[PDB]
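Bound complex of SEX hormone-binding globulin and dihydrotestosterone.
Going down the sequence lines, the chains are called A, B, C, and so on. By the PDB entry numbering, chain A shows 13-131, 136-188, in order. Note that chain B carries the PDB entry numbering, so the residues on display, from first to last, are 13-131, 136-188. Read the numbers this way: they start at 1 and go in the same order the structure lists the ligands and their atoms.
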There are 2 protein chains.
Amino acid sequence: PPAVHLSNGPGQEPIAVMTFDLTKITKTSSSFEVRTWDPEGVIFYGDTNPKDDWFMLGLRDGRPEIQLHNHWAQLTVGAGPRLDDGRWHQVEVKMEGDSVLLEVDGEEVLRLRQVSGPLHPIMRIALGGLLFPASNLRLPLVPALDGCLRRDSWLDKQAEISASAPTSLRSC
Amino acid sequence: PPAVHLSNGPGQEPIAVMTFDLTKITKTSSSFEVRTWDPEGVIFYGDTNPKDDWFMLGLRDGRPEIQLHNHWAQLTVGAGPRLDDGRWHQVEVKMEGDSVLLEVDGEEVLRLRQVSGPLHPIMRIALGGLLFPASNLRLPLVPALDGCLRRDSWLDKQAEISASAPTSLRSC
Ligand SMILES: C[C@]12CCC(=O)C[C@@H]1CC[C@@H]1[C@@H]2CC[C@]2(C)[C@@H](O)CC[C@@H]12
Ligand SMILES: C[C@]12CCC(=O)C[C@@H]1CC[C@@H]1[C@@H]2CC[C@]2(C)[C@@H](O)CC[C@@H]12
Ligand SMILES: [Ca+2]
Ligand SMILES: [Ca+2]
Ligand SMILES: [Zn+2]
Ligand SMILES: [Zn+2]
Ligand SMILES: [Zn+2]
Ligand SMILES: [Zn+2]
């Protein structure tokens, strides 16, 4: 299937930004396959507020890292196996009650409990980069992730209000 | 290549809406292939203003029809061969100086001269439907077009600010 490149050029901004109507979402999960040799970068960022309520999933030292900041919880966590072996890996990020679950190749590798109150009119999902400077993360990293993404599904497509790509979505 | 369906269900609204930054456009042309048995419908609508400055390309009696309303020109024109034979046809709509050109299967079939002043911050392109009730056209038609679209390219992708799909883009 058609794989896209997770970072154009110098990796300063996301390849794509989706905007979702929060009252319309009935699917609170995302899933995709990624392939990379890059140990560090952003895979995707999500927010309901860029100052207040945000999430990032990336790689640090080859392994998944989640940063989360909202009314309930503020955290920086690494978990799961290294993904930076150049092989395709399946990833799923799900909200299940008040938890956020991370699954890798079908196996749960992480569960952040007591982090989310009820699913802030709009949620944005940014692929390959953040919607704020990396310096404002809890723990900065260099956002550019040189890898591929394919078979991706972001929340509930029925609730997507719009999608923007700043430049050209490149092939992998 | 992947063809999409030009009308979901009862054909009241477009399948997809693209928004473009008018100062950024350097390509003032659009092109696509269509396949249909339906003699009447909208193929695409474009506006810089839904009251003031709009364009529609559709079929009426099987044949291309353009409606255009702007500061320079107000018109309803039919031209070209019937397209409602269920075969793939190549269509290109281009602005060339102050004209709007329509080409079918590589051949110019229509040139609307003296219709456009210089290429209103934003242009919208709506596929398969209008962004106003069909009753407000110069000459109403029933907008639903049961056909396929593939190999489509809309203006200058570098100038696209966002794209929205209200429901599910179906396969053809
Ligand atoms: C991980 C989730 C939920 C699961 C998913 O598909 C992606 C998405 C990313 C944005 C997160 C969201 C869970 C709830 C959060 C953390 C909000 O509190 C603010 C950002 C939201
Ligand atoms: C046909 C054009 C120009 C060529 C094209 O690719 C599609 C686009 C549709 C909107 C039209 C535009 C030409 C200029 C118009 C007619 C403006 O005056 C208002 C709507 C614009
Ligand atoms: Ca990197
Ligand atoms: Ca019809
Ligand atoms: Zn909040
Ligand atoms: Zn794996
Ligand atoms: Zn005007
Ligand atoms: Zn033909």
Practice problem: Locate dihydrotestosterone in the structure and include all copies. | Solution: ligands 1 and 2
Quiz item: From which other chains does some heavy atom lie less than 4.0 Å from dihydrotestosterone (ligand 1)?
Solution: A
Quiz item: How close does the nearest protein non-hydrogen atom get to atom 11 (C) of dihydrotestosterone (ligand 1), and which residue and atom is it?
Solution: A:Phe67 CB, 3.8 Å
Quiz item: When you look for heavy atoms under 4.0 Å from dihydrotestosterone (ligand 1), do you find them on the side chain of A:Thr40, its backbone, both, or neither?
Solution: backbone
Self-check item: Source species of chain A (PDB)
Solution: Homo sapiens
Exercise. Give the numbers and elements of all dihydrotestosterone (ligand 1) atoms closer than 4.0 Å to a heavy atom of A:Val105.
Key: 1 (C), 4 (C), 5 (C), 6 (O)
Quiz item: Of all the atoms in dihydrotestosterone (ligand 1), which lie at a distance below 4.0 Å from a heavy atom belonging to A:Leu171?
Solution: 5 (C), 6 (O)
Quiz prompt | Site of covalent attachment, dihydrotestosterone (ligand 1) | solution = none
Quiz item: Who's the nearest protein heavy-atom neighbour of atom 3 (C) of dihydrotestosterone (ligand 1), and how far?
Solution: A:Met107 CG, 3.9 Å
Practice problem: Run the numbers for me: atoms of dihydrotestosterone (ligand 1), each under 4.0 Å from some heavy atom of A:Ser42, listed by number. | Solution: 5 (C), 6 (O), 7 (C)
Exercise. Give the single entry among A:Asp59, A:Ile37, A:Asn82 that approaches atom 16 (C) of dihydrotestosterone (ligand 1) most closely by any heavy atom.
Key: A:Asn82
Self-check item: Subset of dihydrotestosterone (ligand 1) atoms that lie under 4.0 Å from at least one heavy atom of A:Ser41
Solution: 6 (O)
Quiz item: Across chain A, in which UniProt domain are most residues that contact dihydrotestosterone (ligand 1) found?
Solution: Laminin G-like 1
Self-check item: atom 19 (C) of dihydrotestosterone (ligand 1) touched by protein heavy atom at under 4.0 Å
Solution: yes
Practice problem: Just need the protein heavy atom nearest to atom 12 (C) of dihydrotestosterone (ligand 1), so name the residue and atom and give the distance. | Solution: A:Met139 CE, 4.3 Å
